[PDB]
Asks: 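Sending over a structure with roblitinib (bound form); questions below.
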Amino acid sequence: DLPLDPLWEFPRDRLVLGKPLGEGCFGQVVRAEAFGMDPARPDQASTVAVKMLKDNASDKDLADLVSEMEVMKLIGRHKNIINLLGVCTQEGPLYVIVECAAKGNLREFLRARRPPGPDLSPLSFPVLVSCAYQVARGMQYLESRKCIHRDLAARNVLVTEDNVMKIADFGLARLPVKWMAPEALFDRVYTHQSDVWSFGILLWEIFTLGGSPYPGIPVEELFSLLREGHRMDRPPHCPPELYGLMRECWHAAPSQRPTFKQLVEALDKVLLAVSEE
Ligand SMILES: *C(=O)c1nc2c(cc1CN1CCN(C)CC1=O)CCCN2C(=O)Nc1cc(NCCOC)c(C#N)cn1
């Protein structure tokens, strides 16, 4: 069984499950409608997402879902992360209610909003910087809460109906080798500074509108190329100020990379200037 948390327990009868959003190995995320999620308007319907176990799940999977739920409570609320909204622990399967991100992941959001490409030739430049800045803010918050993400990439950044960026799967208990810092790749060392390296890759994904990192380069060849000091080229139409930030994230020495605080500060300076360009 699971203890009743007066701060988070939501009534099971006020939650209506909908179509699945995605299925993992033993877990899944589904659409849902919640009634009275905001206590100020207790009859209002709101669209949410529900993390739950699949039928093939074991007690190890249940402990992993419980762990993510508890980590989400400990970390607390931020505008730029997928927030916990409530829980259904009593008289039925465990439901972890979280914020809905109607527009899906950032990579597909950007790919669907691309201008005519090189085989032929919507999102303004300030909106793109705002996306980067929002993700930097969310990461700054997670870091302040002792949370190392380990898998920061555009596929793990979700977009709401209101176009707010929300980092997902921060509470979790082929490998994404192209986003990994070299000390993480080679020495299995994951710090806040290795998340800064991934943020640099994410910045490149933003300014290529969902481009695949290291275009052409075989995965096997990546490691040797990084060891030689090679890094990705400046995306087309990307300003040198933003490419400069990417290159700082990609410094070999973790201590030579910027902090999330400096990234938030540098991205806010660009955003405020570019908003009147
Ligand atoms: C949220 O309930 C929601 N999410 C996604 C879609 C639709 C909806 C709800 N919804 C709003 C718009 N109207 C017209 C109908 C409707 O049903 C559409 C597809 C993309 N959604 C999505 O990605 N949601 C989402 C995903 C999450 N995880 C990403 C990995 O999924 C396995 C999370 C989380 N955590 C939260 N929302």
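Heads up: numbering here begins at 1 and tracks the sequence. Remember, it's 1-based here, ligands and their atoms both numbered in the order they're listed.
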Asks: What ligand numbers or chain letters correspond to roblitinib (bound form)?
Replies: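 All copies: ligand 1.
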Asks: Of all chains in the model, which has more heavy-atom pairs under 4.5 Å to roblitinib (bound form) than the rest, named as UniProt has it?
Replies: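 Main partner, per contacts: Fibroblast growth factor receptor 4.
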Asks: Given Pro20, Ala168, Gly22, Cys100, which has its nearest heavy atom closest to atom 2 (O) of roblitinib (bound form)?
Replies: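 Shortest heavy-atom distance from atom 2 (O) of roblitinib (bound form): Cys100.
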Asks: With only distance considered, is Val98 within less than 3.5 Å of roblitinib (bound form) through an N or O on each side?
Replies: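 No.
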Asks: Which ATP-binding residues annotated in UniProt for chain A have heavy atoms under 4.0 Å from roblitinib (bound form)?
Replies: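 Among the UniProt binders, by heavy-atom distance, it comes to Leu21, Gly22, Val29, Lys51.
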Asks: Could you say whether the N/O atoms of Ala101 and roblitinib (bound form) ever approach to under 3.5 Å?
Replies: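 Checking roblitinib (bound form) against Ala101, an N or O pair does fall under 3.5 Å apart.
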Asks: Should the proximity of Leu158 to roblitinib (bound form), defined as any heavy atom under 4.0 Å, be assigned to the side chain, the backbone, both, or neither?
Replies: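 The part of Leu158 near roblitinib (bound form) is the side chain, not the backbone.
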Asks: Which UniProt-defined domain of chain A has the greatest number of residues in contact with roblitinib (bound form)?
Replies: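 Most of them lie in the UniProt domain Protein kinase.
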Asks: Can you tell which part of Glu99 has a heavy atom less than 4.0 Å from roblitinib (bound form): side chain, backbone, both or neither?
Replies: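 Backbone only; the side chain of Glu99 stays clear of roblitinib (bound form).
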Asks: Which UniProt-defined active-site residue in chain A approaches roblitinib (bound form) most closely, and at what heavy-atom distance to 1 Å?
Replies: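 Nearest UniProt active-site residue and heavy-atom distance: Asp151, 10 Å.
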Asks: At what residue and atom is a covalent bond to roblitinib (bound form) recorded in the entry?
Replies: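 As deposited, the covalent site is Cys100 SG.
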Asks: Below 4.0 angstrom from a heavy atom of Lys51, which roblitinib (bound form) atoms are there? Numbered from 1 as shown, please.
Replies: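 The atoms of roblitinib (bound form) under 4.0 Å from a heavy atom of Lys51 are 35 (N).
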Asks: Looking at non-hydrogen atoms alone, which of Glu33, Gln28, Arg31 comes nearest to atom 16 (C) of roblitinib (bound form)?
Replies: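 The nearest heavy atom belongs to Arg31.
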Asks: Taking heavy atoms under 4.0 Å, what residues and nucleotides bind roblitinib (bound form)?
Replies: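 With heavy atoms under 4.0 Å, it is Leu21, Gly22, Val29, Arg31, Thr47, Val48, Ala49, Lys51, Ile82, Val98, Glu99, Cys100, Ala101, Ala102, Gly104, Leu158.
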